[PDB]
Novice: 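The following entry shows Taxol complexed with Tubulin beta-2B chain.
Throughout, a chain's letter reflects where its sequence line sits, starting with A, and its residues are numbered from 1. Recorded method for this deposit: electron microscopy, 2.9 Å. Every number for a ligand or one of its atoms is a count from 1 in the order of the listing.
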Amino acid sequence: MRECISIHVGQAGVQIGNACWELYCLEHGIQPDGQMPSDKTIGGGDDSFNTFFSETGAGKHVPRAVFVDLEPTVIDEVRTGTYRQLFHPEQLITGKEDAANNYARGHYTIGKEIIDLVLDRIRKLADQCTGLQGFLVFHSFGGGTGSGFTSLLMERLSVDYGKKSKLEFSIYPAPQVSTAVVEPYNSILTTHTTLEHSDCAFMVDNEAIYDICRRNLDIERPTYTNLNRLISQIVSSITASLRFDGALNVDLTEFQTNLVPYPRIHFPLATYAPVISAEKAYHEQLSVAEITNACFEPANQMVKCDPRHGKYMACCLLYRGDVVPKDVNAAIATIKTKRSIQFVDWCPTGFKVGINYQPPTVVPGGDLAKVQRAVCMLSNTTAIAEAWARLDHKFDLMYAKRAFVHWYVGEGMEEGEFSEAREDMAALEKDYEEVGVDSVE
Amino acid sequence: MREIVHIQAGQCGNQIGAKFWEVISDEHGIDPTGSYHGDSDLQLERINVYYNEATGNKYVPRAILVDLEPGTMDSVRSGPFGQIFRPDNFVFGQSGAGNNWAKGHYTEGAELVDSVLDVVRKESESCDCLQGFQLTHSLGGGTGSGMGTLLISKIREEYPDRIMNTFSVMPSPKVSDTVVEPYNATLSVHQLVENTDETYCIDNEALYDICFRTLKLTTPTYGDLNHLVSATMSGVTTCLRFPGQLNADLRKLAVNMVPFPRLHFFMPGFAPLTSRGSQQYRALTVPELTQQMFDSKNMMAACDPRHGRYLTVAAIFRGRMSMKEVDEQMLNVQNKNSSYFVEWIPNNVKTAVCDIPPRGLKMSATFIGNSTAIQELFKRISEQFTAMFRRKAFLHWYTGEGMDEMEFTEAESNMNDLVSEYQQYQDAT
Amino acid sequence: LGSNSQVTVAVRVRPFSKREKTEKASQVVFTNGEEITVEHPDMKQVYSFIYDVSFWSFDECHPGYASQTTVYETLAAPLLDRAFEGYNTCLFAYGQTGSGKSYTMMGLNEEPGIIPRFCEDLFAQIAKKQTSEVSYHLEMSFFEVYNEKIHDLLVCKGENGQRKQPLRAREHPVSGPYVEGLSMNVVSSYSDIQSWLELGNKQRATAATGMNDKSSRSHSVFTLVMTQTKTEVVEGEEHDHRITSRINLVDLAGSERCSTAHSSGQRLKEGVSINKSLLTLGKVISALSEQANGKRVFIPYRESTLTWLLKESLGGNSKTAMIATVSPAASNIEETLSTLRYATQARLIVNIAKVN
Ligand SMILES: CC(=O)O[C@H]1C(=O)[C@@]2(C)[C@H]([C@H](OC(=O)c3ccccc3)[C@]3(O)C[C@H](OC(=O)[C@H](O)[C@@H](NC(=O)c4ccccc4)c4ccccc4)C(C)=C1C3(C)C)[C@]1(OC(C)=O)CO[C@@H]1C[C@@H]2O
Ligand SMILES: Nc1nc2c(ncn2[C@@H]2O[C@H](COP(=O)(O)OP(=O)(O)OP(=O)(O)O)[C@@H](O)[C@H]2O)c(=O)[nH]1
Ligand SMILES: Nc1ncnc2c1ncn2[C@@H]1O[C@H](COP(=O)(O)OP(=O)(O)NP(=O)(O)O)[C@@H](O)[C@H]1O
Ligand SMILES: Nc1nc2c(ncn2[C@@H]2O[C@H](COP(=O)(O)OP(=O)(O)O)[C@@H](O)[C@H]2O)c(=O)[nH]1
Ligand SMILES: [Mg+2]
Ligand SMILES: [Mg+2]
């Protein structure tokens, strides 16, 4: 069947995985012990869906995941937690030392000692998977394991597997907020090594989500859990068309064929519009029109960029719940009438639509309400260039004086490796300008 | 298993460390005998950072104590928490240094560094993965400075890929306690700047001000100052020994806080301090800790950051808190006070958060700053140095123990060059 | 006194190697007579740079061919005359693994480089000018940097494998830095200088790697001391005043990307160190260039042994020259540009020289 191998690479990735796997368990019916009481009443069913879970004859449901951090402090929170009886004990820590915010440590000195083992467990999983569609990697530009290790792994999987989909979910750095004075470099270098291997790198940022959680849900002091639960929901929309039934389903091989015109402009942005609290859950109709318009409001994005400073090249709109399609067609037409949403001349279609009948699951203890219908929008736009440019500027201001470089050279990296990277990114920025120019006859 | 091997040399070093072990025993639930008498389980998950198991659920620390005279060693034993140290790790000889660097580096200390290195190799090969070392010593005397610097040299030769952090009481501007502070400090700088990876500079006037105008203590003994230094020592290495939302070991801190290899001298600080009566008048939240941590009155270095600019600042938080608060408030610091931050480093801030705070507080924070104002320290020493070296004030006690004026000139040159590095990032262009 | 003297910058384009012929990287670099320009293989932003001297040994037959003795008589011979006027001399190389720095400086048995030519020309030109008016005195020093440590190249070790005795550098207040313990041995003519070069280029650290099998894992510095009397006639004794020279010719190691010439352990440790060194040197060059144009800067001489002992050469008091090596293949593009760009910085640096 249609199956996916989620890989969580680092702290950000593991914590997002915890969110996601809590939610998937809630959706299907799996207790943290791995047991599904749903067959207590209904025999011969399939709700512990094989895309994300594997079944033993004993009635367990073990996930298809690989967790990797190069530090024990984060997987050990699983092993000694509430989900200790679910994950296979082979959750990979050779984390005697972390990467010290260093792509050089995550790609060469401690990039190795673990990766062969990683690939072994992946091979064991894929061999159990007949109809594998792709991978979904969760990482973070800003660290080592999330910058360099991810790159190395993607390199190796583009050899050992090849014609498979390898999509990413990344926390793109913010323009103002940040937790590290070495993020720009790691970002540029990871983008250099990944642009030739990845197929679609969905991007998020935490400043945007902070602001969402402030305006709409009325949380002025949010933590990280309260953020990743949103990210979790995003994947659950991407992944619903494999798990639940629907009218128009989108497999993983249908994004990258629509949201990616040229092989290097595969950096789309996510949004999830009805991030509404239970108080404000009432006083609202929550129709398709409202949500589709919200997913195009810049203030409801999860990557801090203004689409009004650029052009949309594509947009995939994934609907969940009680949705009639006529409402989608009307909504998209309304959007195409507006002049603030300026599409390219070479994509007169622009949109893709997918629909599923299973509505979203409210995580208990949570901050989002039960909605009858939800929507996730993945949009490839030209505005993100500005963001890229910002990083490049930061890079220059540092690399002009070679700050922090002796930590990288110290861990086997040549100075030139930086320059090459920057140049490549410049090209990409130039490529974005090439796709905004109106065509001529 | 990221493990630390802790050395401590001299009077200051041993007293601070003893007060440190009485502070990391209280956090980890160890008693003066070695036994666990705790509440939680997380106290024991990561105790291996500092301690080793022995037999009966007794925990013997990885302390290496060093003195050139046995007077300070007998006080740790004949004291609260001395019956937990391994007696074979009290390496001490006679023939004190005499508040002289030479007697600690060349004459008497060279007759004892081999012993210390043996104890190290024992307490470093019994470790699954070592993250580094940490020494508590004192620039101002002979034994601490001398023997410590020598050991640094020898470990950075034998263990080069590892951390060598340092907590050093630097001399103070107004009043001294030795008449040969300058020389010894200059030579110790010469031997640290080339070897260490983090040097946390402490100054006792800052701590007395803290004990006077913040804690409002009328009788500030040294046991109180060491209780402030221990607080920072613990804060720096929390995230290796308790979980958190966003972690930060030592090497990460160094990578973020050390742009060029020699400017690894840090002004530290700890928040929150409330004097015992201003407790009920103060709210415990991030804005307050930030207001205190970035104030010049909470820093231990005796150097006003307002006379310079912050190359790189680091904030290790402990408690349940929102990350938005941290990020927002840090950006606010950088924006409102842009004149005190470098322009060619866009974000000058590093953040870490741990979940398990200190025993009596809901929130705690440690601050490590790399600023240019550290020049004001070394500059002064150089002035002192040359005001003596021009007249051979006290050098015959040094030459008599196998030294040459060349080393003095060398050290002066190095320290002045360091001052110049920190100067070139002081003006705004 | 003073003399604003710039650092004379030469560049050379080495021919193909065997592996470069196997993978078949075709021509990317071009000499417009003396100007040098490079071409990304996808016709991308053609780059152009200009230097005081260039060399195109890409093939024996092309117009503008420029070989070992030409490099010699163009840069090193001037510096020999300056070493005779009363100054000290620094010509220093830059490049990557397999790029020809060793071939251009020292050379092979049959085709030797600037070092033996400088020495031979010195000896012949001295014996032509050696009379009872002015005498001549000579001794030789040759040292290497390896893993941040100093080692003497002209000191054979005793019977135990690791006897590679390290030395330390020290700062004299007037004379600047120096090395303690350097067996500067004495010479009279070309033969014993040649025996010393033999023992040195034999004792120098080499290793087999994925680019050249006789790779250089060490920086090497060549400094002869040559004293010639200044024949005064005064009220008292004569001929006491004297004019000295100390040579400097520097052959460095390569940047050593760890995936192509890949190895684990020692062969990777030393590599890191090499790169670290190179990085620091870059800063110096960059910084000095800004120093020539008014900017207020600090030269980090002290973050490495190499740039620390060459402190009075990169700036300071010496007649100065750089030589860069580049290869004609796409493989080297950014590295070449890095190489080339550093020279364009070294073009702009000026130091103050004085008669000894
Ligand atoms: C009623 C009450 O709130 O008591 C608090 C208290 O009010 C204050 C005064 C405590 C108090 O600290 C001092 O009085 C003090 C004296 C000399 C030098 C420095 C401090 C306190 O003594 C200190 C003690 O701190 C701790 O409990 C931490 O666990 C602390 N423990 C130790 O340092 C310690 C020392 C020796 C033996 C065992 C533990 C700690 C701090 C940092 C890192 C690890 C542990 C606490 C909460 C208090 C008192 C008791 C008043 C404060 O101490 C610290 C470092 O957190 C001072 O500001 C904090 C919080 C309060 O202001
Ligand atoms: N959204 C989100 N971001 C996180 C979370 N945890 C960390 N981050 C982000 O991760 C970035 C730093 O990356 P890390 O994950 O800490 O680095 P790493 O992958 O752990 O690699 P190391 O530094 O070697 O430990 C920061 O910019 C954070 O914003 C999280 O739980 N949720
Ligand atoms: N201009 C040249 N013409 C012909 N052959 C050359 C030239 N330059 C170098 N070679 C050959 O190239 C080979 C390797 O060059 P080599 O001199 O070892 O590079 P290198 O400077 O030593 N770099 P490294 O070893 O990393 O310091 C030598 O065996 C030379 O014979
Ligand atoms: N903070 C603190 N400083 C101390 C203590 N004892 C000594 N000092 C400082 O140490 C310096 C002298 O160093 P000292 O310990 O005598 O070195 P030693 O004599 O070689 O062992 C003085 O400047 C004191 O300020 C102490 O218990 N606490
Ligand atoms: Mg981590
Ligand atoms: Mg060579």
Novice: Is it possible to name all ligands or chains that make up Taxol, including repeats?
Specialist: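 All copies: ligand 1.
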Novice: State which other chains have a heavy atom under 4.0 Å from an atom of Taxol.
Specialist: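 By heavy atom, the other chains are B.
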Novice: Just wondering, which residues come within 4.0 Å of Taxol on a heavy-atom basis?
Specialist: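 With non-hydrogen atoms counted, the site is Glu22(B), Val23(B), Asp26(B), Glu27(B), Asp224(B), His227(B), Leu228(B), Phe270(B), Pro272(B), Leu273(B), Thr274(B), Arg276(B), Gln279(B), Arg359(B), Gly360(B), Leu361(B).
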Novice: Mind checking which other ligands or ions are less than 4.0 Å from Taxol?
Specialist: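 The list is empty.
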Novice: Check the entry and give the organism for chain B.
Specialist: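 The entry records the organism as Sus scrofa.
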